[PDB]
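Structural view - fluticasone furoate in its complex with Glucocorticoid receptor.
Below, read A as the first sequence line, B as the second, and so on, with proteins coming before strands; counting in each chain starts at 1. Order of appearance sets the numbers: ligands from 1, and atoms from 1 within every ligand. Because only heavy atoms are used, hydrogens play no part in the values below, and waters and symmetry mates are left out as well, while side chains stay in.
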Amino acid sequence: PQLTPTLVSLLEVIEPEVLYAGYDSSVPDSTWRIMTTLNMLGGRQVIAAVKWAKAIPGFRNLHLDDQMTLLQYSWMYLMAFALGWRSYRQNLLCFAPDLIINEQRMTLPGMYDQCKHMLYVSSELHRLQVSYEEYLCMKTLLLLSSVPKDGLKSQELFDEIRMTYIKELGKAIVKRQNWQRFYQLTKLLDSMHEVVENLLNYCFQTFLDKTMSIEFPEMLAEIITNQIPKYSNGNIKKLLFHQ
Amino acid sequence: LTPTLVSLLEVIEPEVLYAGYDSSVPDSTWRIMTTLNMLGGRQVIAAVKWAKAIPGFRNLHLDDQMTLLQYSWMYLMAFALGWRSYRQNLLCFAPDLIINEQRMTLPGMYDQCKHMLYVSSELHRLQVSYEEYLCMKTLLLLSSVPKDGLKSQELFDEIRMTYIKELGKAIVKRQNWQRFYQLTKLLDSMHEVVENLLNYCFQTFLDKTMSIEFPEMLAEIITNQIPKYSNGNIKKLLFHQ
Amino acid sequence: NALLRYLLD
Amino acid sequence: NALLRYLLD
Ligand SMILES: C[C@@H]1C[C@H]2[C@@H]3C[C@H](F)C4=CC(=O)C=C[C@]4(C)[C@@]3(F)[C@@H](O)C[C@]2(C)[C@@]1(OC(=O)c1ccco1)C(=O)SCF
Ligand SMILES: C[C@@H]1C[C@H]2[C@@H]3C[C@H](F)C4=CC(=O)C=C[C@]4(C)[C@@]3(F)[C@@H](O)C[C@]2(C)[C@@]1(OC(=O)c1ccco1)C(=O)SCF
């Protein structure tokens, strides 16, 4: 029938295979150890997300500096959202098939304190009973949810790409009461800014802390350094579906 | 922003697989062949994951999906091999098993490898672009049917015609009709290449005196396909009579 | 060939 | 950040 492929079905194939953490099961668990193992995983997850974004039609056509800004602004949204999905498809947290934060690990010192935020995303997906195709449009929009105060360099093209995926999600919803579910799902998107703020707050604070000894891979460290000034000056604009 | 059928073929193109060839043990024609069969099996598994993602293909009847893979696996393997070698005079089975000038001279080696070299040289000669390769490879999946016809023959026909047009488009976005003729003429000649490669493949499989091992993924296909060349129930689709 | 039928489902 | 710039190119 449709031997010409929908934008959704393209996103379906470009979705990167899920990465293992490499966490050792013989060594005892620790908050120190889990966080570091998670940071390393985070780095490889970002490299995957770059390859992913480049495959999004239109994206590779933005200014290269814009492509950078979008990935720098949105990496945490993408990671947290995908986490929420993984956790929903398997209330626990599936960072990786080999590193699941279960009931017991949750009780580790300083653990649930951050995990509550990531759990929130996961319980929203289960609540709203989100489908896979909806998910793929939502994550795409998450790549496009923040911009600098005075816009991007290819603002027009960006505006048009974003407008495209808003429509794409609308199709996902119907292909599955319409406009209310749209509200619902776009309200979840809006509320990612609040999740990410918390997650980034703890991330930056840990990154900058002298006596904390938690390692970060270079991939993440360059971005964290490249963003701390921007967020602590206010050049970020959070694009909201509802004012 | 609208994705083309060709941009989708790009995405679904599988990762290139390593052969796991030990580079510290003397080469022999037994060791190379056996290793390549093993590789071949994993490549077939990949091709299935690839076909399933080609738009339309998963909409065929399941028996038809099976038939086409059983008929065309050698076309898909040989053609990808041509491409890998073309992109390197040599044969790039894998980044860890390249048949250099040295390995070429081994007993019975060049005898078969000349057929796979042919594909590789034709791609160089015609200087084929990637997007053409991707359309051509998709047509190769659709290059033989049971003489009796497929079950979803109607839909198959539409799928094939789409990828012909698609190949056509790739040529335009690259003398256009001439090139279209030349590239379809190459596809046609893949039949001859594959016949040669399958003959020795089947001949080896059936020979008891050769201790050449085949992985089960391949052995099942080969077993299933032996009779259909013996009863001649295969129709080779050609662009030029 | 059952293995092929499987990978295709 | 050159590595990202590189991975994007
Ligand atoms: C609170 C932050 C946020 C954490 C990241 C969340 C993100 F969703 C993610 C998903 C992954 O699959 C792998 C890694 C990350 C990118 C992430 F989990 C890690 O880097 C760690 C981050 C920054 C974070 O997590 C924790 O404290 C944490 C995880 C479990 C309990 O606490 C850190 O700041 S790690 C210390 F810097
Ligand atoms: C002549 C046959 C055909 C060979 C296959 C060709 C195919 F193109 C291919 C490409 C690969 O990248 C990996 C494997 C295969 C599928 C293949 F090379 C192997 O299985 C071996 C096959 C069946 C074949 O190859 C040779 O003679 C050969 C290759 C190099 C030297 O001799 C055999 O019949 S191996 C013994 F049965």
Do you know where to find fluticasone furoate in this model, all copies counted? ligands 1 and 2
I'm curious which other chains are hanging around fluticasone furoate (ligand 1) with a heavy atom under 4.0 Å away - can you tell me? A
I'm curious which residues sit within 4.0 Å of fluticasone furoate (ligand 1), going by heavy atoms - can you tell me? A:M35, A:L38, A:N39, A:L41, A:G42, A:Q45, A:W75, A:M76, A:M79, A:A80, A:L83, A:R86, A:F95, A:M111, A:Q114, A:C115, A:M118, A:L199, A:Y202, A:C203, A:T206, A:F216
Name the UniProt domain of chain A that holds most residues in contact with fluticasone furoate (ligand 1). NR LBD
